[PDB]
Amino acid sequence: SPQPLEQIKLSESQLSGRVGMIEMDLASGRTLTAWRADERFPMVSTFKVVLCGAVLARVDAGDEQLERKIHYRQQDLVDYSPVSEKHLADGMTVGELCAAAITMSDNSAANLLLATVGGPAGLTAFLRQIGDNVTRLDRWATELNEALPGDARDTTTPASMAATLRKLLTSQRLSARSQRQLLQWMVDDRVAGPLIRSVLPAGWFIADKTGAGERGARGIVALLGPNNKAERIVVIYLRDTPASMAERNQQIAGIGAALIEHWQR
Ligand SMILES: OC[C@H]1O[C@H](O[C@H]2[C@H](O)[C@@H](O)[C@H](OCCCCCCC3CCCCC3)O[C@@H]2CO)[C@H](O)[C@@H](O)[C@@H]1O
Ligand SMILES: *C(=O)/C=C/N[C@@H](C(=O)O)[C@](C)(Cn1ccnn1)[SH](=O)=O
């Protein structure tokens, strides 16, 4: 594989779309690679990680409990609720809802949680409170993936997202237990995690949340590193490409391969 920046360029050339990327040391925030890092990209399902960071902040403040059971109705379900559709009779705890939203990208679970933090506006205000003045959530779970060109709704930038994830995971804004919980949910991703491990060389750590939307929108926020350590945060978004999902996946994997082959920078 070529150097990371050269692979990123090749990916835009092959997809006819924009790639947004940031590679950052998780412990210190050192930015290693930055491409279109201040440009807007649809967050798609990656917003679910920030969502649960806001929920954990409420738990830390004593305004929420991960144990609290939420009972909902069938009428509350939206498109793609693999976990939540199974608990109409018994409900789900807030913690279970975050596990379902992050590890299975359960949309009804995300919407139920979103309501607890004040909706899209409430989540955006939480982002503003931790110092992210760019990322914005404007719509609910199954409408935020539209990705209209020029539409600023439901977008983030690679730099903003990376900084925000680092803040949630390591800045002590969240309690030690909450930081550990957010990390574990990402480690537990069932949608892309196992697949990524199957193609990663032995010794590489992976935790992640992926997403996809219209007009080729694709995204992944992840922790990656050799020696089984979450050494760096890597955020990659793709937008406005007519490419098949398989090729968008292949290009992202290619950027990952370039990082792996040229790690010491
Ligand atoms: O020299 C380094 C490595 O080179 C190859 O590994 C390949 C691997 O066989 C391939 O499957 C993967 O594809 C990349 C898979 C990445 C999947 C997604 C990664 C995510 C993680 C974070 C966000 C962006 C992408 O590339 C590596 C590096 O070339 C060799 O097979 C391996 O033995 C060797 O240790
Ligand atoms: C978040 O990015 C969600 C994207 N796609 C979801 C969805 O829109 O609800 C589906 C269900 C694909 N999917 C399943 C699990 N993760 N993504 S839709 O694109 O089929």
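Going by the PDB entry, the residues shown for chain A are 26-238, 240-252, 254-292, listed in order. FYI, side chains are in, hydrogens and waters are out, and symmetry mates aren't considered; it's all heavy atoms of this structure. Both ligands and their constituent atoms are indexed starting at 1 by order of listing.
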So what's the drug over at ligand 2? tazobactam (bound form)
Going by UniProt, what is the chain that binds tazobactam (bound form) with the most atom pairs under 4.5 Å called? Beta-lactamase SHV-1
Within a distance of under 4.0 Å, is there any protein heavy atom near atom 15 (C) of tazobactam (bound form)? yes
Compute the shortest N/O to N/O distance between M129 and tazobactam (bound form) and return yes if it is under 3.5 Å, no if not. no
Examine the proximity of tazobactam (bound form) to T167 and report which part, side chain or backbone, both or neither, has a heavy atom under 4.0 Å away. neither
Give the residue and atom of any covalent bond from tazobactam (bound form) to a chain. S70 OG
Give the source organism of chain A as listed in the PDB entry. Klebsiella pneumoniae
Nearest protein heavy atom to atom 18 (S) of tazobactam (bound form): under 4.0 Å? no
Check this for me - tazobactam (bound form), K73, N or O atoms closer than 3.5 angstrom, yes or no? no
Closest UniProt active-site residue, chain A vs tazobactam (bound form), heavy atoms, 1 Å: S70, 1 Å
Heavy-atom pairs closer than 4.0 Å: do any link tazobactam (bound form) to the side chain of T71, the backbone, both, or neither? neither
With the threshold set strictly below 4.0 angstrom, can you tell me whether any protein non-hydrogen atom sits that near atom 11 (C) of tazobactam (bound form)? yes
What protein heavy atom is closest to atom 6 (C) of tazobactam (bound form), reported as residue, atom name and distance in Å? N132 ND2, 4.9 Å
Give me the residue, atom name and distance of the protein heavy atom closest to atom 2 (O) of tazobactam (bound form). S70 OG, 2.2 Å
Just wondering, which residues come within 4.0 Å of tazobactam (bound form) on a heavy-atom basis? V69, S70, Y105, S130, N132, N170, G236, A237
Inventory of protein N or O atoms under 3.5 Å from tazobactam (bound form) N or O:
from                    : atom 1 : to   : atom 2 : distance (Å)
tazobactam (bound form) : 2 (O)  : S70  : N      : 2.8
tazobactam (bound form) : 2 (O)  : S70  : OG     : 2.2
tazobactam (bound form) : 2 (O)  : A237 : N      : 2.8
tazobactam (bound form) : 2 (O)  : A237 : O      : 3.3
tazobactam (bound form) : 9 (O)  : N132 : ND2    : 2.8

